[PDB]
Amino acid sequence: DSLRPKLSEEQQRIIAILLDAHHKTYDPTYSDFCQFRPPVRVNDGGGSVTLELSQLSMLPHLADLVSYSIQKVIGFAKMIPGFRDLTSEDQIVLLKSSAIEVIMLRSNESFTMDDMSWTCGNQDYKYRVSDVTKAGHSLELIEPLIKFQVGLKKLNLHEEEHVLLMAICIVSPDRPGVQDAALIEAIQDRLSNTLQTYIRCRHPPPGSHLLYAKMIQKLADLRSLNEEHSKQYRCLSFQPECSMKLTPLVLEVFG
Ligand SMILES: C=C1/C(=C\C=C2/CCC[C@]3(C)[C@@H]([C@@H](C)CCCC(C)(C)O)CC[C@@H]23)C[C@@H](O)C[C@@H]1O
């Protein structure tokens, strides 16, 4: 039954543009991480919230990593076909509302099921759940985040699908404050059609089975993680002197 229309010339170009955009904005060697404020891991085997908030030992490093990542995501977004056709206001609304979700998606590349960490170098740049608690977050965010990373890993996405998913995540017409939802939807549909077509024509079985719907579900999971992250960030920001441990960009995007 299922027809397999071939990718159009345009669709092939969209894929190539997104792959190039990602390769220019995601360094798989994590060579810039030593430039961030250093990671510090206080002794907290008991997971004390009082101690974690008192020290926020991993916050400067993780805030720098997230801030750096937001800058890369802004650059990636600017290369998404159609993104620059949007008004500046809609572009900023889309970037601010998707930032954390795209960070969670793109981070899957360093996440490894070998030990359930984001491995970005030697021990210094190996990030574990215990590091996230040392940055002021709790299990309500961490648990679903790790579950999401593993679920995404097991989809065994082609790089083409991974970059398309990030682009679709950014160009979402259902974000609060967007003006031209119709144009945003048109841009997203062009990307979704490219993704659906790619899966049916280039993704071998059995990993291709209902893969599109699995990818769409991950976009829904991301909305939930976004909301929880926002709630936790708000509370984290109540800690006196927290602003110094963050960055101006992080403060704007999540404040
Ligand atoms: C960033 C990237 C990477 C890892 C992501 C991680 C591991 C550390 C903790 C992070 C950054 C989680 C955060 C929710 C931690 C809290 C952030 C904050 C303090 C601002 O509220 C989400 C994704 C997680 C590394 C590399 O893949 C580039 C990528 O781009």
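The first residue in the sequence is number 1, and the count goes up from there. In each ligand, atom 1 is the first atom listed, and ligand 1 is the first ligand listed.
- The drug or drug candidate at ligand 1, out of doravirine, ivacaftor, quisinostat, calcitriol, spironolactone, is calcitriol.
- The name the PDB entry gives to the main binding partner of calcitriol in this structure is vitamin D3 receptor.
- With non-hydrogen distances under 4.0 Å, the site around calcitriol consists of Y26, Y30, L59, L62, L65, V66, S69, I103, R106, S107, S110, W118, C120, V132, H137, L145, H229.
- Atoms of calcitriol lying under 4.0 Å from at least one heavy atom of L59, given by number and element, are 19 (C).
- At the shortest separation from atom 28 (C) of calcitriol among protein heavy atoms lies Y26 CE1, 3.8 Å.
- Nearest protein neighbour of atom 23 (C) of calcitriol, counting heavy atoms only, is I103 CG2, 3.9 Å.
- Of the protein's heavy atoms, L145 CD2, 4.0 Å lies nearest to atom 22 (C) of calcitriol.
- Per the entry, the source species of chain A is Homo sapiens.
- According to UniProt's calcitriol-binding annotation of chain A, the residues with a heavy atom under 4.0 Å from calcitriol are as follows: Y26, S69, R106, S110, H137, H229.
- Within chain A, UniProt domain annotation places most contacts with calcitriol in NR LBD.
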Any protein N or O within less than 3.5 Å of an N or O in calcitriol? List each pair with its distance, or say none.
residue	atom	partner	partner atom	Å
calcitriol	21 (O)	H137	NE2	2.8
calcitriol	21 (O)	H229	NE2	2.8
calcitriol	27 (O)	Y26	OH	2.8
calcitriol	27 (O)	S110	OG	2.9
calcitriol	30 (O)	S69	OG	2.8
calcitriol	30 (O)	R106	NH1	2.9

